[PDB]
**Q** 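Notebook entry - examining structure containing aminocaproic acid.
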Amino acid sequence: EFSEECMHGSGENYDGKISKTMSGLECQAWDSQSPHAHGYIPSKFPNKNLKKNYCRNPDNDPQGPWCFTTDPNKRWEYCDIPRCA
Ligand SMILES: NCCCCCC(=O)O
């Protein structure tokens with residue numbers, strides 16, 4: 001069965017487990033506020049699937065999923081999620 005290996009379009013419905021940015025940084029967890037404080041709180045929009053530190057696209061960015069990063073000097077970065085054929 002399908003296991004979230006790719007995203008449809010820009011990934012508003014992506015629910016896979018990639019947790020590293022394009023440059024290879026580990027993502028910050030959505031339920032954490034350090035190193036970056038933010039307002040993408042999982043409980044505020046459960047259907048946005050903001051789980052663990054997985055790359056997601058909760059602001060409908062046309063470039064696709066991203067995460068806050070664990071680098072204290074890089075707030076966020078896109079991830080490399082392949083688009084489904
Ligand atoms: N469009 C991807 C980055 C969105 C970052 C929003 C923020 O700084 O809280």
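For this chain, numbers begin at 1 and follow the sequence in order. Any value given below was found using the heavy atoms of this structure, including those in side chains, with hydrogens, waters and symmetry copies removed. Numbering of ligands and ligand atoms starts at 1, following listing order.
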**Q** Name, as the PDB entry does, the macromolecule that aminocaproic acid contacts most in this entry.
**A**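 The largest contact count goes to Plasminogen.
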**Q** What residues end up in the site of aminocaproic acid at 4.0 Å, going by heavy-atom distances?
**A**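 Sure - by heavy atoms, that gives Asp59, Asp61, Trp66, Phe68, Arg75, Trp76.
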**Q** For the 3.5 Å polar cut-off, considering only N or O atoms, please tell me whether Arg75 and aminocaproic acid meet it.
**A**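 Min N/O separation from aminocaproic acid is below 3.5 Å for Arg75.
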**Q** Could you check atom 6 (C) of aminocaproic acid against the protein and tell me its nearest heavy-atom contact, residue, atom and distance included?
**A**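 Protein heavy atom with the smallest distance to atom 6 (C) of aminocaproic acid: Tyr40 CE1, 4.1 Å.
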**Q** Need the aminocaproic acid atom indices (1-based, order shown) with element for anything under 4.0 Å from a heavy-atom of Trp66.
**A**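 Once the distances to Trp66 are compared, the set is 2 (C), 4 (C).
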**Q** Hey, is aminocaproic acid close enough to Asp61 that some N/O pair sits below 3.5 Å?
**A**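 Yes, there is a polar N/O contact under 3.5 Å.
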**Q** Decide whether an N or O pair under 3.5 Å exists between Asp59 and aminocaproic acid.
**A**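 Yes, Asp59 has an N/O under 3.5 Å of an N/O on aminocaproic acid.
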**Q** Quick one: nearest non-hydrogen protein atom to atom 5 (C) of aminocaproic acid, plus distance?
**A**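 Protein heavy atom at minimum distance: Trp76 CD1, 3.9 Å.
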**Q** Could you go through aminocaproic acid and list every pair where one of its N or O atoms sits under 3.5 Å from a protein N or O, giving the atom names and the distance to one decimal?
**A**
from	atom 1	to	atom 2	distance (Å)
aminocaproic acid	1 (N)	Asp59	OD2	2.8
aminocaproic acid	1 (N)	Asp61	OD2	2.8
aminocaproic acid	8 (O)	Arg75	NE	2.8
aminocaproic acid	8 (O)	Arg75	NH2	3.3
aminocaproic acid	9 (O)	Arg75	NH2	3.0

